[PDB]
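The structure to be discussed contains pentoxifylline.
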Amino acid sequence: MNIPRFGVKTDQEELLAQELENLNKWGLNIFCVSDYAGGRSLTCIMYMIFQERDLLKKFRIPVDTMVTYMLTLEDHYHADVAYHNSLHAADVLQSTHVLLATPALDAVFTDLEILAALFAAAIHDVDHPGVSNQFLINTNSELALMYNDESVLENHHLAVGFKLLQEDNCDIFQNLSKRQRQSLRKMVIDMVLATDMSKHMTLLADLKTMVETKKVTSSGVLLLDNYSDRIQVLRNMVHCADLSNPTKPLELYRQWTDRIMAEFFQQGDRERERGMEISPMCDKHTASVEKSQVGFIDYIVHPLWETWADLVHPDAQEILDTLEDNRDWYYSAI
Ligand SMILES: CC(=O)CCCCn1c(=O)c2c(ncn2C)n(C)c1=O
Ligand SMILES: [Mg+2]
Ligand SMILES: [Zn+2]
């Protein structure tokens, strides 16, 4: 291919150039990006980010190969799924891109660790069917049997993300050294596996413990002396970016909330048809969208982002406020 300016073919190039000025900002509107990029946000944003960080040249990644992988990856997100489609992936990627550039983490991560995090973010939900792990377990699916009921979807996301590199002209890591490929794989595994919600408690516990014994340079920049600490920060970062929806401008968060409930209810419908015990928040006949988000933010999202903010202080101060404003907004919408 000839490679379009912003990676994708668009009829609204300038309206798109407008939004991409927010590429490095929390305030980026990915819904607009999707609209202006013919529904290919993940391909667009990943291309932009990779140019922005000079990652194509750094790792000697042919552009045509990069674009072919990204389109392939995007195609394996399900368009009929309400929330867990390529838009969610583009969102999580871009948030991750911002969280990497946060001042308190300046010159901490290697280029490889950066590359891994962005690759993990992009693939973390590929080929999601629109139902939870427990649904795949209860139905005795092939997937749940392969992976022994443990992080089924997440394991599936890793398998699919990596196997796609083998489709014609998709090997974006072809010029990486063996050592680097080995190392990237590990990091990506750890990060994607950390997006299983049942890992959240331990993840946050470790992050909290990290925060209490943190050491800083003269500048305010965090000092992560060794590898083990860094991947712990990377795991939490992608996890944060994954649950970053309620930290965004209210206009966006509400649209995310609508997408997730549609997905949730659609599972519930299917659970009902099959006479299965309905999963939490999936019963359209008894679910309070507004209560659920307040519980979610109170028990999961605030504790998570608070701890992250302590770690990167004071870089996340505005993000934390926005979460608290959004919490309040949903509290009063009951
Ligand atoms: C709007 C948004 O952030 C959806 C992505 C998170 C999905 N999600 C949950 O995972 C969840 C939840 N409550 C408990 N849990 C474990 N809610 C409300 C939720 O949306
Ligand atoms: Mg996931
Ligand atoms: Zn996700």
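Numbers in chain A track the PDB entry; the residues on display, in order, are 289-622. Any value given below was found using the heavy atoms of this structure, including those in side chains, with hydrogens, waters and symmetry copies removed. Method on record in the header is X-ray crystallography, 2.8 Å. Whatever order the structure lists ligands and atoms in, that order sets their numbers, starting from 1.
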Please list all instances of pentoxifylline by ligand or chain. ligand 1
Counting heavy-atom pairs within 4.5 Å, which chain has the most contacts with pentoxifylline (ligand 1), and what does UniProt call it? 3',5'-cyclic-AMP phosphodiesterase 4A
Among residues of chain A listed in UniProt as binding 3',5'-cyclic AMP, which lie with some heavy atom under 4.0 Å from pentoxifylline (ligand 1)? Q581, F584
Which UniProt domain in chain A is home to most of the residues around pentoxifylline (ligand 1)? PDEase
Nearby ligands and ions, pentoxifylline (ligand 1), under 4.0 Å: none
Please provide the UniProt active-site residue in chain A nearest to pentoxifylline (ligand 1) and the shortest heavy-atom distance, rounded to 1 Å. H372, 6 Å
Heavy-atom shell of 4.0 Å around pentoxifylline (ligand 1): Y371, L531, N533, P534, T545, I548, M569, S580, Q581, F584
